[PDB]
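Notes on a structure featuring mavacamten.
For reference, chains are lettered A, B, ... following the sequence lines as listed. Just so it is clear, chain A uses the PDB entry numbers, and the residues here are 3-202, 212-369, 371-628, 643-807, in order. Residues displayed in chain B correspond, in order, to the PDB entry positions 43-199. The way this entry was determined, per its header, is X-ray crystallography, 2.6 Å. Just so you know, ligand 1 is whichever comes first in the structure, and atom 1 is the first atom listed for that ligand.
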Amino acid sequence: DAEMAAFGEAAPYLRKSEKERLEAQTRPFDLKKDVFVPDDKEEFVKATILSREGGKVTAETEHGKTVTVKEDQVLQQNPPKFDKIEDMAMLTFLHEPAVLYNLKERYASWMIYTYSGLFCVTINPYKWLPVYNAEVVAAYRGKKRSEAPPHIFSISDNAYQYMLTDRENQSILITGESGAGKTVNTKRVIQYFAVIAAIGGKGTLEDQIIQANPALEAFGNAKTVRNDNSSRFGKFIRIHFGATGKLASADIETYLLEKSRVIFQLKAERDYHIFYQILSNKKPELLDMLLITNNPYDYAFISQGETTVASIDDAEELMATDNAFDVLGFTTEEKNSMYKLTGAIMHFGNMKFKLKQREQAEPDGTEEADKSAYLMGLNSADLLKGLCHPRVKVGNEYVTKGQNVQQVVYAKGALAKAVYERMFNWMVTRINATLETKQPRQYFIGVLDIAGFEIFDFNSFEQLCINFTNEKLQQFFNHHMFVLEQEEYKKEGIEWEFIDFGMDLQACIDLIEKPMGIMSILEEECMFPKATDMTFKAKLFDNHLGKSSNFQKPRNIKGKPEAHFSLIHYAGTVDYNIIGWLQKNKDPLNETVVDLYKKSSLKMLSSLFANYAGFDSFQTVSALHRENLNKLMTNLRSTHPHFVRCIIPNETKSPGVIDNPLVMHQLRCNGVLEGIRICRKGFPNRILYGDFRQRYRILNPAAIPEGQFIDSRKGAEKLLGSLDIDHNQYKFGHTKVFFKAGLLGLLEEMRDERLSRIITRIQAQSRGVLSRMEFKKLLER
Amino acid sequence: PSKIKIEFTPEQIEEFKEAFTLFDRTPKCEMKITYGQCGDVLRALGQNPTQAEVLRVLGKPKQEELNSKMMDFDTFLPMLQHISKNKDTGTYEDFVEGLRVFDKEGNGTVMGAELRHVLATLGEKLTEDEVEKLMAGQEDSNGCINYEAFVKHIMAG
Ligand SMILES: Nc1ncnc2c1ncn2[C@@H]1O[C@H](COP(=O)(O)OP(=O)(O)O)[C@@H](O)[C@H]1O
Ligand SMILES: CC(C)n1c(=O)cc(N[C@@H](C)c2ccccc2)[nH]c1=O
Ligand code: BEF
Ligand SMILES: [Mg+2]
């Protein structure tokens, strides 16, 4: 083990042993013969070249099947020294099969993290590996990329290291398709800082940050086809630190919750976890309090899709949720208010309406309305009277409006989504309140966990908002990696050839957010009351079919749901259904009922609606979503980003199984190869001359003598020139020193070492001093 | 590696032999120092070797060998001759740079408590007693150290 001892039982899952390493460096390999050839099914296969005649190479696959291919097709394998490499930017041959096979080989050894130059790649193991313990947290603490294997704990430390050195806010941007591992890794970044904090409401700040996610997930996460624990809202967690790097505070900002789910489920999905956790009957008292049965099929709002998930123990999860609230210091009144309002939502959908004999709705019984009103601190009669006959102002008096059954049914649904969404926002504000300390803040490390890219058989407004964010984040990566990076080289006068990596999604983003775009057309249509779903569809088509390359006709299939257009997103073409986007965007509420909510006897409910106002105000869902997303993006622009790219291996949640075309599609649309190329071809690290002189004068003070003013650039030139480094690895800019990949790391190894030698030679002289004092005493007597 | 040429004058050897008697803790004055005493003798004679460099001349001794093993002047002299043959002990500018790593603000002053902790935890750990005795009245009104002054101080004597 040696260097790998600090990790313990985790070491074989992070870095292979020297004994395993040398066994690989003796394996059979012929530079000329051993290659990679494409495959129509499995993307690329390893092969040994038998012969070639007429620019058509013949070879045998790893499955033992002979085949002949052209020129471009044949790609060089990397020698056995590169087997399961920790940073792929260090491979001799960098192409698609080299990246894919290095990931496949590592994944096969349960090594899920791999560096890709300045960023990191992770493949979902669909298995819990002994690599996230406190012993590992301590092992990664302070380590440089060289002395530590790839891991989310490593990304976390490196982000903390740049925070203290540069005295600058950092961000961890975890990307991926729904099911990839974003939430998993977000919670590990939080674990890292919380465990480190525990070393040198009810629980401590560290226990509270850890418990924040089990609480929000009960309400904001649900089982969808691609993920049993899908995030139905996006979040940004800022972990605040003091000047000395001590954990100070933390805060959570959440984004657009999938309100639709509360009252609606597609064939293969569930409502929010909380409903089923409560129904588990682990805490029977909750069912008695909520006046509910233990059967989800008795609750129409939640029983449309599935009600149980194999991977999910709702009884164990309810305990997790209830305890999270205890740790975050929620009162019994606060906890029960959330439970009673969840039950009230469950009863709301069981409220049935019928037509008055000879076009107005009236209640079809009151039992569920009585139960709902009891829990919500309302008078059931006022609520039913308020749903059927809402009051509308006639200047200096009040006139009641009529409502048919469909209108009342729509209203009770809308009010249920409103109570739920508002109760979620209450819980985030409440958590933030516990997480806010009196302690001083200098900087933060913000973690971004968005709702991942999804494609269902039915895609609506919900999916456009979700996928739009993924597009916007992918373009944040593109802009940072390929645009700013190269503009920096030119800006600093570094000799550079601009490279078009073909990573630009502005076209698509513009089709969505820019004026006359999908969202703009929707927001404009919300203004007209005569407007319908078809008038909106008509406007979209007029303005974009055959005009915006990314907007296409829907690619409808027999039996599969109707779609109105198809949008070519970065991660794939999605067929959208525009039915009900106008109601979705305006989100109108029966204000007479919202008034009874304000006058509620349940302290919690009145608080949720006290502030209430909203229109088509004149602020829409899409308008507010675009606004919050741009606020996020510009705030992220003022942070040092660190990207974690989560790859989903297969569509069957199978551990250790890679689907070659699926892994490949992800590596392509993420631009993993392009991102490795810019690290290799460019200068990934750079430092201002003043900061360089400061930090590395220690390496050789004689190059920068203390007497005179030495021009900061001539100081950097003479200092680096004096060192035992490759003098081709650095270039001089107008304000900064540019370093080719790996030079900064070596400069840091040299610095760490030299610093320890100085300490010891200082201590050696201290020892000489203390001893010569005692010798003077000997000379006295 | 006890096969070293002695390039010390007959004068030098007598002056060292004179300091050597002072460390002679033997009852019968058999002119022998322990292996543990060796480091303190090298230091008394002008050298400032590292714990490691001393153990190198002592042929990597055992714990109760440092306390029990005896050495005459003739076995000590080559050790001093070898130790003196290292002059890469660190320049003033190197030491200042080493301590300047802890000057978080670059004002030329490091917090007294910080320098103490550094000397007691990093490199070859110094004892709380060694750092107390060494940091004796070195701190200003604010309880911090001018590391350029501390370096000049330890370098002289
Ligand atoms: N590093 C990991 N270790 C173990 N299981 C993981 C890991 N990453 C993901 N998973 C599995 O994948 C599931 C979905 O992960 P998740 O992080 O919620 O995806 P998303 O990117 O959509 O938020 C988890 O419930 C877990 O079973
Ligand atoms: C990402 C890159 C542009 N970069 C660097 O290449 C160096 C930075 N700062 C220097 C001072 C540093 C050196 C050693 C450890 C941390 C920070 N900041 C940086 O942001
Ligand atoms: F399904 Be993951 F939460 F994006
Ligand atoms: Mg998630």
What are all the ligands or chains assigned to mavacamten? ligand 2
I'd love to know the main binding partner of mavacamten in this entry - how is it named in UniProt? Myosin-7
List the other chains that have a heavy atom under 4.0 Å from mavacamten. A
So if I look at chain A around mavacamten, which UniProt domain am I mostly seeing? Myosin motor
Chain A: UniProt ATP binders within 4.0 Å of mavacamten (heavy atoms): none
What's the entry got as the organism for chain A? Bos taurus
Ligands/ions near mavacamten (< 4.0 Å): none
What residues line the site of mavacamten at a non-hydrogen cut-off of 4.0 Å? A:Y164, A:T167, A:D168, A:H666, A:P710, A:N711, A:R712, A:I713, A:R721, A:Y722, A:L770, A:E774
